[PDB]
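Streptomycin bound to Streptomycin 3''-adenylyltransferase.
Heads up: numbering here begins at 1 and tracks the sequence. Scope of the values below: all heavy atoms of this structure, side chains included, with no hydrogens, waters or symmetry mates. We count ligands from 1, going down the list as the structure has it; atoms in each ligand are counted the same way.
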Amino acid sequence: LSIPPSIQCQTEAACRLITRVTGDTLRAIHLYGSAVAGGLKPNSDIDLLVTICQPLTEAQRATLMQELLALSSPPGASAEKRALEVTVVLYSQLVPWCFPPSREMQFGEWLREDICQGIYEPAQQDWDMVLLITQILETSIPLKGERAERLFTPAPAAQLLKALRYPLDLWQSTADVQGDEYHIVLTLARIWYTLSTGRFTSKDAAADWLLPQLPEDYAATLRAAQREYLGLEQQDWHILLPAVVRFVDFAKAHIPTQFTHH
Ligand SMILES: CN[C@@H]1[C@H](O[C@H]2[C@H](O[C@H]3[C@H](O)[C@@H](O)[C@H](NC(=N)N)[C@@H](O)[C@@H]3NC(=N)N)O[C@@H](C)[C@]2(O)C=O)O[C@@H](CO)[C@H](O)[C@H]1O
Ligand SMILES: Nc1ncnc2c1ncn2[C@@H]1O[C@H](COP(=O)(O)OP(=O)(O)OP(=O)(O)O)[C@@H](O)[C@H]1O
Ligand SMILES: [Cl-]
Ligand SMILES: [Mg+2]
Ligand SMILES: [Mg+2]
């Protein structure tokens, strides 16, 4: 797998920073997500997983958070300077697996306001870490350390199922989805795709896979979500919000409850 030339400079800067702060504790840095698996759009972020051996000191946490702010920009602000998402995890949480796994920290542009004031999310449980590692074992590039298949072990299918279906419970009310309308719709398409095929695919490809299988009313909602993500039309998602809720409820009712495996 290859790093897109148009992100190499920023990725190299992020790696030099991570190396400085972590240093002796650093086990690996893996690039994953659309930059590697495909689907890198103008607003897409650069997804990075940092594996360390010991927890981050609050000095390391503060420094890494602050200095990442200078290497990252909000999505869409710049074609050259993309949004960074850096997730840090203890190796001991993955080998052997701890369920749910915990993450030491997660930098992201949606936290810029808080990070600009010394407010850092602490370590916490995150079922999504099961999905991250699973996707990394399939499609990732080691910027530092060993390839993923030599560092991590796959999770049991039983736990991958729980991680895939866990977000379905977070989305129940209008406010649970308000603000992330098309992101949630496309993510549901990816969850549906993975549970039915055992594979991971891009947001765009998951929507195309799902559209023919939906009643037209729900296909229209998925189409509007896909259309916005691709930059072809911005919708008024306050108007579409009742239809988004109906789409979420349809997915929760129809997504498989067991693998049709990875
Ligand atoms: C970790 N990736 C970022 C994060 O994504 C999250 C995103 O999570 C969002 C929930 O759906 C939404 O209901 C939730 N909204 C509520 N009313 N509770 C958001 O707060 C939540 N975002 C968050 N905690 N950062 O949906 C999940 C499927 C996700 O992709 C997990 O990995 O947050 C998204 C923005 O919310 C960013 O666009 C992503 O880059
Ligand atoms: N079935 C799934 N397939 C892929 N990702 C999933 C799935 N279910 C949940 N997710 C989560 O959704 C998030 C997607 O991250 P992200 O928004 O960076 O997507 P991406 O593929 O990098 O596309 P983009 O170019 O928009 O960044 C991840 O945190 C991932 O764990
Ligand atoms: Cl329904
Ligand atoms: Mg991404
Ligand atoms: Mg991301």
_Place of streptomycin in the structure_ = ligand 1
*Quick one: which streptomycin (ligand 1) atoms are inside 4.0 Å of a heavy atom on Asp180?*
9 (C), 12 (C), 19 (C), 35 (C), 36 (O)
*Of all the heavy atoms in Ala175, does at least one lie under 4.0 Å from an atom in streptomycin (ligand 1)?*
yes
*Which heavy atom of the protein is the closest neighbour of atom 40 (O) of streptomycin (ligand 1), given with residue, atom name and distance?*
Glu85 OE1, 3.7 Å
*Among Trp171, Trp110, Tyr166, which residue places a heavy atom closest to atom 3 (C) of streptomycin (ligand 1)?*
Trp110
*asked:* Test of understanding: given a 4.0 Å heavy-atom threshold, classify the contact between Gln178 and streptomycin (ligand 1) as side chain, backbone, both, or neither.
replied: neither
*UniProt-listed streptomycin binders, chain A, heavy atom within 4.0 Å of streptomycin (ligand 1)*: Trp171, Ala175, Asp176, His183
_Verify atom 30 (O) of streptomycin (ligand 1): protein non-hydrogen atom under 4.0 angstrom away_ = yes
*Going by the order shown, which atoms of streptomycin (ligand 1) are within less than 4.0 Å of some heavy atom of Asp128?*
32 (O)
_Heavy-atom contacts under 4.0 Å between streptomycin (ligand 1) and UniProt ATP-binding residues of chain A_ = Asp128
*So, is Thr187 polar-close to streptomycin (ligand 1), with some N/O to N/O distance under 3.5 Å?*
no
*asked:* Among all protein heavy atoms in this structure, tell me which lies nearest to atom 15 (N) of streptomycin (ligand 1), with the distance rounded to 0.1 Å.
replied: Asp176 O, 3.4 Å
*Polar contact flag for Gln106 and streptomycin (ligand 1) (N/O pairs, less than 3.5 Å)*: no
*Enumerate the neighbouring ligands and ions of streptomycin (ligand 1) below 4.0 Å.*
ligand 2 (adenosine-5'-triphosphate), ligand 5 (magnesium ion)
*In the protein, which heavy atom is nearest to atom 6 (C) of streptomycin (ligand 1), and how far is it?*
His183 NE2, 4.2 Å
*Of the active-site residues annotated in UniProt for chain A, which is closest to streptomycin (ligand 1), and what is the least heavy-atom distance, rounded to 1 Å?*
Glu85, 3 Å
*Looking at atom 26 (O) of streptomycin (ligand 1), would you say a protein heavy atom lies below 4.0 Å from it?*
yes
*asked:* Okay, heavy atoms under 4.0 Å: who's in the binding site of streptomycin (ligand 1)?
replied: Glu85, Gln106, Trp110, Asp128, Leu170, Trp171, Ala175, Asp176, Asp180, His183, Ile184, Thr187
